[PDB]
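Structure containing imipenem (bound form).
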Amino acid sequence: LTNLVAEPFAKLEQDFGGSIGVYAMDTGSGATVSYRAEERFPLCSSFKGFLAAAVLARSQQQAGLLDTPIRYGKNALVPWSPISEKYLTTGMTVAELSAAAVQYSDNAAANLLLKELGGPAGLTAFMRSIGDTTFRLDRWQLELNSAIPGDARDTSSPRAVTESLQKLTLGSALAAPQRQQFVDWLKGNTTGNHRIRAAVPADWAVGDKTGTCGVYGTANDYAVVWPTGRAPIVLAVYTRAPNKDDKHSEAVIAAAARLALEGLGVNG
Ligand SMILES: *C(=O)[C@H]([C@@H](C)O)[C@H]1C[C@@H](SCC/N=C\N)C(C(=O)O)=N1
């Protein structure tokens, strides 16, 4: 049931000037679309969605965790912290930091939560605990986005991203209340309107998390999509390019998502 219908991914990545990796799953029939799906690509900020899921998992054993108030100093505010900078003088709860990390890609919020979990190795350990043997987070923020060609640090594959996303949003990796909270945070994302969402009709529900490293044409998005009248679709779209100053493209990500839905026979 893999690639029952071929799609012109190769022409798309050649026009872009780099590499595109796609893995999309129809959770009803099990049919898939797969292109460079087992290659490694930089996660960039997309790790923050899995970070929030790891916080929710811990909250199953710590009933007070989500409402715990976290204060922080000005030294915590790194570039692109649009929510946490408004609460510097007050603090924010763990749940609020998680929402900001998912929905605004807030960097200070993600760093505080990574600390709570035991750093890059702690997030990696959570991913191992749901059966993902590909994901690796290795560095703390900023340098984790270097996107160096051939460097496996801070990478995963489109396939492992999609499989883990399915387990957390639709499967049994989280308890039911935590599962729906993760879905609700993804549905509220504000940074993805020109990526997978641009390929999804307005009357379908959708949640996603983006990544944009800023170098090497490297950017990405993953999403769960609920077309009406059929089972949900889970997909991941990752890009990279050979030269440090190659630009990323949101349009290429949206176009790749459209080809994935077409390959699955989902009318959009
Ligand atoms: C994560 O990928 C980004 C980290 C490295 O800052 C973060 C920033 C935004 S896009 C770039 C912001 N504007 C000028 N540089 C982002 C996202 O929306 O995915 N995540």
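This chain uses plain numbering: 1 for the first residue, then up along the sequence. Just so it is clear, the values below take in all heavy atoms, side chains as well, and ignore hydrogens, waters and symmetry mates. Remember, it's 1-based here, ligands and their atoms both numbered in the order they're listed.
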- Query: Per UniProt, what is the name of the chain that shares the largest number of close contacts with imipenem (bound form, ligand 1)?
  - Reply: Carbapenem-hydrolyzing beta-lactamase KPC-2
- Message: Just curious, which residues make up the binding site of imipenem (bound form, ligand 1) with non-hydrogen atoms under 4.0 Å?
- Response: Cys44, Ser45, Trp80, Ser105, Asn107, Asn145, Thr191, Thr210, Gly211, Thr212
- Query: Against heavy atoms of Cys44, which atoms of imipenem (bound form, ligand 1) measure under 4.0 Å?
  - Reply: 2 (O)
- Would you say atom 11 (C) of imipenem (bound form, ligand 1) touches the protein, meaning some protein heavy atom is under 4.0 Å from it? no
- Item | N or O contact, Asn107 vs imipenem (bound form, ligand 1), cut-off under 3.5 Å | yes
- Going by the atom numbers of imipenem (bound form, ligand 1), which of them fall below 4.0 Å from some non-hydrogen atom of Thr210? 17 (C), 18 (O), 19 (O)
- Query: Does an N or O anywhere in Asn145 fall below 3.5 Å from an N or O of imipenem (bound form, ligand 1)?
  - Reply: no
- Using a strict 4.0 Å cut-off to heavy atoms of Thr191, name the atoms of imipenem (bound form, ligand 1) that fall inside it. 18 (O)
- Look up atom 15 (N) of imipenem (bound form, ligand 1) and tell me if a protein heavy atom lies less than 4.0 Å from it? no
- Query: Which atom of which residue holds a covalent link to imipenem (bound form, ligand 1) as deposited?
  - Reply: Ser45 OG
- Distance-only N or O hit between imipenem (bound form, ligand 1) and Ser45, under 3.5 Å: yes
- Would you say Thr212 has any N or O atom under 3.5 Å from an N or O of imipenem (bound form, ligand 1), going by distance alone? yes
- Query: If you take the residues UniProt annotates as binding beta-lactam in chain A, which of them have a heavy atom under 4.0 Å from imipenem (bound form, ligand 1)?
  - Reply: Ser45, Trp80, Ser105, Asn107, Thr210, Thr212
- Could you find the nearest protein heavy atom to atom 8 (C) of imipenem (bound form, ligand 1) and give me its residue, atom name and distance? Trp80 CD1, 3.7 Å
- Query: Which UniProt active-site residue of chain A lies at the shortest heavy-atom distance from imipenem (bound form, ligand 1), and what is that distance to 1 Å?
  - Reply: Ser45, 1 Å
- Task: Check whether any protein heavy atom sits under 4.0 Å from atom 4 (C) of imipenem (bound form, ligand 1).
- Result: yes
- Task: Look up the source organism of chain A in the entry and report it.
- Result: Klebsiella pneumoniae
- Task: Consider every N or O of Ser46 and every N or O of imipenem (bound form, ligand 1), then say whether any pair is closer than 3.5 Å.
- Result: no
Tabulate distances under 3.5 Å between N/O atoms of imipenem (bound form, ligand 1) and N/O atoms of the protein, writing both atom names on each line.
from, atom 1, to, atom 2, distance (Å)
imipenem (bound form, ligand 1), 2 (O), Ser45, N, 2.8
imipenem (bound form, ligand 1), 2 (O), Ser45, OG, 2.2
imipenem (bound form, ligand 1), 2 (O), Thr212, N, 2.8
imipenem (bound form, ligand 1), 2 (O), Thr212, O, 3.2
imipenem (bound form, ligand 1), 6 (O), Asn107, ND2, 2.9
imipenem (bound form, ligand 1), 18 (O), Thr210, OG1, 3.4
imipenem (bound form, ligand 1), 19 (O), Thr210, OG1, 2.7
imipenem (bound form, ligand 1), 20 (N), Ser45, OG, 2.9
imipenem (bound form, ligand 1), 20 (N), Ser105, OG, 2.8

